[PDB]
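Entry with lenacapavir: notes follow.
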Number of protein chains: 6
Amino acid sequence: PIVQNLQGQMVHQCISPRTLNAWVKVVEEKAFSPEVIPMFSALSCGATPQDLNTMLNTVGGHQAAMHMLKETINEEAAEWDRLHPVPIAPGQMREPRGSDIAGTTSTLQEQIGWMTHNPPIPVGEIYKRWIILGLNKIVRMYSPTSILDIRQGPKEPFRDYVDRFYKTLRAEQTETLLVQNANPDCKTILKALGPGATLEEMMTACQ
Amino acid sequence: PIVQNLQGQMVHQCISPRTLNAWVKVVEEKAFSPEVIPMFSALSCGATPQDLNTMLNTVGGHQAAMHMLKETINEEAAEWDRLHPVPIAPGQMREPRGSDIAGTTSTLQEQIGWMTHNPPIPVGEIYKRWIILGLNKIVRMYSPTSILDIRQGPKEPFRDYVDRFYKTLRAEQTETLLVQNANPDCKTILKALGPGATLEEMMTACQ
Amino acid sequence: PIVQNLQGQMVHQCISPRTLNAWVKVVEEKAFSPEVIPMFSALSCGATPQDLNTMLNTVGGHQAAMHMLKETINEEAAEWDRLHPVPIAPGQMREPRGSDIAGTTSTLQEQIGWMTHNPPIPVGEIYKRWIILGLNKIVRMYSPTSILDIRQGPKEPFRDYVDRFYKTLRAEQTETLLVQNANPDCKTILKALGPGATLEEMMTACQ
Amino acid sequence: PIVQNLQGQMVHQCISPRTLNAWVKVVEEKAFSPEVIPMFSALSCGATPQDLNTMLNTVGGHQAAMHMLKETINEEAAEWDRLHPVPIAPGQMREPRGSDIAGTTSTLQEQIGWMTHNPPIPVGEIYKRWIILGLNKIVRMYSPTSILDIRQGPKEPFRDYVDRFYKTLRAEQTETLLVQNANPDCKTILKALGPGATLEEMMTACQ
Amino acid sequence: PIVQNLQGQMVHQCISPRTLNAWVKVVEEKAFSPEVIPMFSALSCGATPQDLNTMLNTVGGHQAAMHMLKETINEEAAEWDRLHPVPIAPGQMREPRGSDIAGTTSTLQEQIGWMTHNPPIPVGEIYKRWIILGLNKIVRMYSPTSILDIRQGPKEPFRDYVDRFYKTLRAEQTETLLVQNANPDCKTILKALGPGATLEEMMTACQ
Amino acid sequence: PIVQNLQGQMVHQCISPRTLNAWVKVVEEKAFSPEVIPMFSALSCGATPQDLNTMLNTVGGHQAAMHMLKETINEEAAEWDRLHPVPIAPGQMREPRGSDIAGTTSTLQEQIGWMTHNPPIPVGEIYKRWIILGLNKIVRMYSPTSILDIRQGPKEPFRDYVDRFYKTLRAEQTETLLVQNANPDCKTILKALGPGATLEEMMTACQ
Ligand SMILES: CC(C)(C#Cc1ccc(-c2ccc(Cl)c3c(NS(C)(=O)=O)nn(CC(F)(F)F)c23)c([C@H](Cc2cc(F)cc(F)c2)NC(=O)Cn2nc(C(F)(F)F)c3c2C(F)(F)[C@@H]2C[C@H]32)n1)S(C)(=O)=O
Ligand SMILES: CC(C)(C#Cc1ccc(-c2ccc(Cl)c3c(NS(C)(=O)=O)nn(CC(F)(F)F)c23)c([C@H](Cc2cc(F)cc(F)c2)NC(=O)Cn2nc(C(F)(F)F)c3c2C(F)(F)[C@@H]2C[C@H]32)n1)S(C)(=O)=O
Ligand SMILES: CC(C)(C#Cc1ccc(-c2ccc(Cl)c3c(NS(C)(=O)=O)nn(CC(F)(F)F)c23)c([C@H](Cc2cc(F)cc(F)c2)NC(=O)Cn2nc(C(F)(F)F)c3c2C(F)(F)[C@@H]2C[C@H]32)n1)S(C)(=O)=O
Ligand SMILES: CC(C)(C#Cc1ccc(-c2ccc(Cl)c3c(NS(C)(=O)=O)nn(CC(F)(F)F)c23)c([C@H](Cc2cc(F)cc(F)c2)NC(=O)Cn2nc(C(F)(F)F)c3c2C(F)(F)[C@@H]2C[C@H]32)n1)S(C)(=O)=O
Ligand SMILES: CC(C)(C#Cc1ccc(-c2ccc(Cl)c3c(NS(C)(=O)=O)nn(CC(F)(F)F)c23)c([C@H](Cc2cc(F)cc(F)c2)NC(=O)Cn2nc(C(F)(F)F)c3c2C(F)(F)[C@@H]2C[C@H]32)n1)S(C)(=O)=O
Ligand SMILES: CC(C)(C#Cc1ccc(-c2ccc(Cl)c3c(NS(C)(=O)=O)nn(CC(F)(F)F)c23)c([C@H](Cc2cc(F)cc(F)c2)NC(=O)Cn2nc(C(F)(F)F)c3c2C(F)(F)[C@@H]2C[C@H]32)n1)S(C)(=O)=O
Ligand SMILES: [Cl-]
Ligand SMILES: [Cl-]
Ligand SMILES: [Cl-]
Ligand SMILES: [Cl-]
Ligand SMILES: [Cl-]
Ligand SMILES: [Cl-]
Ligand SMILES: [Cl-]
Ligand SMILES: [Cl-]
Ligand SMILES: [Cl-]
Ligand SMILES: [Cl-]
Ligand SMILES: [Cl-]
Ligand SMILES: [Cl-]
Ligand SMILES: [Cl-]
Ligand SMILES: [Cl-]
Ligand SMILES: [Cl-]
Ligand SMILES: [Cl-]
Ligand SMILES: [Cl-]
Ligand SMILES: [Cl-]
Ligand SMILES: [Cl-]
Ligand SMILES: [Cl-]
Ligand SMILES: [Cl-]
Ligand SMILES: [Cl-]
Ligand SMILES: [Cl-]
Ligand SMILES: [Cl-]
């Protein structure tokens, strides 16, 4: 990543073995659960496009998703080229192309040059926004259960039902559907509460 | 987080893989036990609102609690706006809104600017206080057993009973109830001790 | 903790995830064995009162001991107030109270101010001494076996017996009792050695 | 590796135990899966030829591949000598040979001298490009299944089939073959979609 | 420990959680095997007497050995007082006593003052030499098997026998006894080799 | 080890717990496999003779090999004394002896003085070369199988056979013997290939 040293200047740092292993492990354990996306964003703090491509390529398996990611990246790369239509002088920064932001036609020194410019061209943050966009579309598609099928069981604790409800809702990307899909006993209690009840009040009443 | 370097200036640091993994793991293992809250506070030392949102979003599951957390955060964010009613000049700090402190309408550079100002606007500590408030309400609600039902067994060691008693009491958020819920043999000993006995004296007498 | 940087000045550092996890784990594995106390002291090197309270609060369970710890802390806090009886000027250090040293009525900035003063008021070391005092009283009470009941078995190796003997003695908080509680065969050998024998000589003779 | 300190100068650093162990472990677990190559590239960030040889030599087993790697390295080393045909003055940098870039006839001080020169001779990056070239040829040869034999099962979820398809394709080093190898039911749906369908659209239709 | 910063001055550093855990773990796994002593010496690099006492006190169990260690320490402390017989002026270093070097009557600031003096009084290295002396006496006593009882089996590989032979010899604290305790077949071969054979030659001949 | 700080000067650093544990673990898991030697060389980057002796002494077991190592070290130490035959002035570097390079008659300060001299006397690298020499002789002797006995099985995959072939060859310290020891079916194919075939071509043909 590009990180500021202990003297106030932005310099390049090698991606750490702890960072590399943490990203690989979370994909192995959680696949494309919704909480994997913020983990990717945190673990790629200050990452260059090269670092972002590194993280994606260390993922073995889920290659269907990785190809969807490339398609989303190319869509965003093509949009950037339509919003930013371009001899380049000696020793002198060039504007980046979509494929430059994606790290495919640009060198690390070029990415360092853009990201540390004054003002900086944050090709890493632009690329990361493309990746998260594509990652979120994967999260929705891999969500196994629709919110319409999350209904509280006749003996299911309300707490467990709300857990499944909003876990599903988070991947699908509320309060009245949560009441409608509650079981008959709790749904009866939740209507007596009236409108405007908080989740805390609702869960307390069906305890 | 925002941490001071080895030269005496406050700069931004990327949240570490060790920090990210430590928060995720403790939630996986302890859920919303009372001791999870001080762990969250320590692991979020110097955190920005972005870092605080990062930590919350890496939690998979317990999504019912996370939605209660959002409701508490919005309540505190709405209160801040009622206590701090607001053209913004070029290059110049703006007062934060409730959603700015919660990291939803503010950028990282803006959060860095507030937290490192002189005097600093500690939007991270303000947000953290909101989160801990909401986290504590979750701890009370998820406490499975009431203090009224913690009574020493006829053969239960007094040490084990006091452990369960104050473990329950900590989540519920004393000395006379501890005597009343003791078993007949120990309760007899504890009355002979008289008032003002310490916990050490009480546990010694029923050993 | 408060640690000196690489330039010779005392500044605040966030308690590390490795430190937090190491304290939690040792309590989970060893409870209140005697060797847990020096581990707590080492892991709290340079800790502020806030850091000391952090470490105590990350302990889940053993809540009976934690309440005994609070009682000991309040006793020491009350003593400090009796030994140090107190408008506070603008921007100007105030003497600490017992509850200030215990981190309950003092801010982190105040604790940093005391600990880094010239001369420093080591509220962290004062608090730590209170905690270790209370922790040691827990170690004695949780010692399951009295030294009077540690006697060498008729076929127990002398090495194993001495291990149990001084393990028990360490928690209870010597040489002649070790001879008296030895088995008949070894006790006969140990009297023939005479007075003033070292532990090495004693263990060698009963090998 | 050669890394810039916190003062802006490139100096030598010892390869870390975390780096050494991370490379060994990934080879033990994944052998020559395609994602092992980007892991090698990231873990060898800023590596000298000595560091690159270190990483290769810590690999136990897969010695057939390591000998293929040497053959590829010698081929690239011989090419470099044909593109760069060479008394060397006292204290004065010499041009490198193919075996110098491969770390076999050059010292660490010589590699440091080339890599930190102005302008730098990046013998580490040149060597790394040779290694990755040879590593990729191993990935293709060790790919067990050909893309022609990746066909969706009659009850295999389309997602799982695309995973295997592009996993195989990645090692072999698309969209119309993916349709042809789909099962009859899904292939019927995919033709109705028409040309130019994205992977996301294709996977959605066969869900 | 006392370690030099990145600016060339000796300052105090808190003993690390990795150091504390590494010492505890090696004692748990290897007890008082001979190789535990050099591990203790390496892990206590630059340690103060306080750090050395910390490491000893984190050891749970083996309390018989720890009491032998104290007896050896007191013997060396008494010797130092006999070799170094002693108003102390304000703000001014005092010569250390045996108990000062052992960390029992001296503060950390005093130990820092001695160790960083010019010229330095290395109370840490003096104490460490006392500890290693006592630790080595424990290694000899806990050696279970005498060298006289290490004899090669009639079908035992010579390599395995030499391993046990010098493992035992290392704890007991050679070449002709190794031949005498070899089995008849190998002993016959080893006499034909003649005097002055290396261990490599000896092991080769009995392979 | 001796490592350069972040200011460009060579200073002493304590051997890290990660380094110590990594060397011990690899010996426990791999014994004297060929790849253990480059691991030792990397983990001893910049090591002093004291650090090199530390690493050897933390190895428990394999004491036969460690005694062969001492014999090789003494041989190299005796050679150095024959190539470098020696009042030493106050405060003034002395030439090292063989036992000085091996760390047996020299202090750490003396080793630091030699290694950081201008020009430096690299007693650590000289000692390390002695150790690796002796370690390699152990690798050859502990190789269980000779290359003459590595022959491809009638149903053994050629890839697996080449793996065993060069694994054995690496420890023993090629292309025509690999053909001769192939099975009849593959050997027939390999002769049809003709001379000068690469390993990649050979393995491809027998696939
Ligand atoms: C950069 C990056 C790392 C980021 C970010 C990021 C940025 C801002 C915010 C946020 C913070 C506080 C509030 Cl009060 C609101 C709000 N208030 S409101 C009117 O109630 O919605 N909204 N937001 C998002 C915003 F921006 F959209 F406004 C927020 C979040 C929250 C952080 C959070 C997590 C948590 F657990 C509990 C919290 F209290 C807060 N994370 C989400 O909210 C995700 N989420 N989604 C849904 C669903 F859809 F199912 F309902 C659900 C959540 C949920 F909160 F987890 C919980 C079960 C419900 N994260 S990134 C690109 O990788 O993602
Ligand atoms: C920032 C953050 C990390 C913090 C903080 C924080 C700040 C201050 C204090 C504190 C410190 C010392 C004393 Cl003497 C008292 C006191 N003296 S008194 C008159 O006896 O109560 N009070 N306090 C709290 C205060 F502030 F309220 F005053 C304290 C604590 C204690 C730390 C502590 C833990 C411990 F194990 C043993 C100790 F000796 C001290 N932690 C708690 O006390 C929580 N707790 N709750 C209850 C219950 F309710 F069940 F009884 C119980 C505890 C318990 F101690 F664990 C124990 C079983 C009993 N923590 S945060 C926002 O994440 O939490
Ligand atoms: C800050 C902190 C981390 C500290 C400290 C701290 C400070 C000083 C000392 C100490 C050091 C050397 C000597 Cl020679 C003596 C001594 N000489 S003497 C006349 O023989 O007793 N005394 N001391 C304590 C002093 F200060 F009281 F003098 C010491 C210790 C020893 C360190 C030690 C541990 C060890 F394993 C082996 C050693 F050789 C030395 N640790 C203890 O001694 C605890 N202990 N208790 C008993 C029992 F009671 F059962 F007998 C037993 C021990 C035992 F040693 F483990 C062993 C089985 C016997 N630690 S803290 C507040 O968290 O604790
Ligand atoms: C230095 C080093 C570490 C590097 C690099 C490196 C450099 C650039 C790029 C890259 C980035 C973005 C796009 Cl949009 C394209 C593109 N757009 S396009 C017209 O669709 O192909 N192409 N590229 C490569 C380029 F350079 F060739 F252009 C890219 C990659 C991608 C990174 C990536 C991984 C991922 F998972 C998902 C992504 F969105 C992006 N990694 C690959 O693409 C490897 N891969 N191969 C195939 C296959 F062949 F099977 F189809 C498949 C992949 C796959 F993506 F994983 C996925 C299943 C499909 N890596 S190194 C020497 O060690 O490797
Ligand atoms: C500070 C500290 C960490 C230290 C140190 C320390 C200091 C110096 C030396 C040393 C180095 C090289 C040589 Cl050539 C000789 C030598 N040459 S010689 C004429 O043949 O003996 N002697 N020495 C010791 C010296 F100083 F005494 F001279 C050495 C050692 C060796 C290091 C070593 C370990 C190893 F595995 C293989 C090696 F090649 C070298 N470690 C020992 O030798 C311990 N050992 N003991 C015996 C036994 F007794 F069974 F035979 C046996 C060993 C053994 F080597 F392991 C092996 C099985 C045989 N360590 S500390 C206080 O914690 O210990
Ligand atoms: C300091 C230290 C850490 C070092 C070093 C060190 C220094 C240089 C080199 C080296 C690098 C590149 C080439 Cl192209 C050749 C070459 N070209 S050539 C004409 O084909 O032989 N030769 N060399 C050695 C040199 F110096 F001798 F020239 C090399 C190596 C290689 C590194 C390497 C490992 C690898 F896996 C794959 C590679 F492509 C390169 N490591 C070895 O080669 C060891 N090895 N041995 C044999 C055997 F004998 F069985 F055939 C076999 C290997 C093998 F490669 F693993 C593989 C199965 C075959 N390491 S240290 C003192 O601890 O060891
Ligand atoms: Cl995966
Ligand atoms: Cl790739
Ligand atoms: Cl821009
Ligand atoms: Cl509930
Ligand atoms: Cl969870
Ligand atoms: Cl999210
Ligand atoms: Cl404010
Ligand atoms: Cl008790
Ligand atoms: Cl616990
Ligand atoms: Cl608490
Ligand atoms: Cl004071
Ligand atoms: Cl014994
Ligand atoms: Cl392997
Ligand atoms: Cl090798
Ligand atoms: Cl070039
Ligand atoms: Cl799908
Ligand atoms: Cl132990
Ligand atoms: Cl103790
Ligand atoms: Cl001295
Ligand atoms: Cl052998
Ligand atoms: Cl071993
Ligand atoms: Cl030793
Ligand atoms: Cl020389
Ligand atoms: Cl093959």
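Just so it is clear: chains get the letters A, B, ... in the order the sequence lines come, proteins before strands, and each one is counted from 1. Counting starts at 1 for both ligands and their atoms, following the listed order.
Within the model, the positions assigned to lenacapavir, copies included, correspond to ligands 1, 2, 3, 4, 5 and 6. Within 4.5 Å of lenacapavir (ligand 2), most heavy-atom pairs belong to the chain that UniProt identifies as Capsid protein p24. Other chains whose heavy atoms approach lenacapavir (ligand 2) within less than 4.0 Å: B, C. The heavy-atom binding site of lenacapavir (ligand 2) at 4.0 Å consists of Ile37(B), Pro38(B), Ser41(B), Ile132(B), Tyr166(B), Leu169(B), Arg170(B), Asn53(C), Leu56(C), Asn57(C), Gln63(C), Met66(C), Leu69(C), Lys70(C), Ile73(C), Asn74(C), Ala102(C), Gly103(C), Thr104(C), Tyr127(C). Organism of origin for chain C, per the PDB: Human immunodeficiency virus 1. What sits closest to atom 7 (C) of lenacapavir (ligand 2) on the protein, heavy atoms only, is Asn53(C) ND2, 3.8 Å. At a 3.5 angstrom cut-off on N or O pairs, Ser41(B) does not count as close to lenacapavir (ligand 2).
Closest to atom 19 (C) of lenacapavir (ligand 2) among all protein heavy atoms lies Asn74(C) ND2, 4.0 Å. For atom 31 (C) of lenacapavir (ligand 2), the closest non-hydrogen atom of the protein is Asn57(C) OD1, 3.3 Å. Inside a radius of 4.0 Å around lenacapavir (ligand 2), the other ligands and ions present are ligand 16 (chloride ion).
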Quick one: table the atom pairs, lenacapavir (ligand 2) N or O against protein N or O, below 3.5 Å, distance rounded to 0.1 Å.
{"unit_1": "lenacapavir (ligand 2)", "atom_1": "20 (O)", "unit_2": "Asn74(C)", "atom_2": "ND2", "d": "3.4"}
{"unit_1": "lenacapavir (ligand 2)", "atom_1": "21 (O)", "unit_2": "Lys70(C)", "atom_2": "NZ", "d": "3.3"}
{"unit_1": "lenacapavir (ligand 2)", "atom_1": "41 (N)", "unit_2": "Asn57(C)", "atom_2": "OD1", "d": "2.6"}
{"unit_1": "lenacapavir (ligand 2)", "atom_1": "43 (O)", "unit_2": "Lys70(C)", "atom_2": "NZ", "d": "3.0"}
{"unit_1": "lenacapavir (ligand 2)", "atom_1": "60 (N)", "unit_2": "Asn57(C)", "atom_2": "ND2", "d": "2.9"}

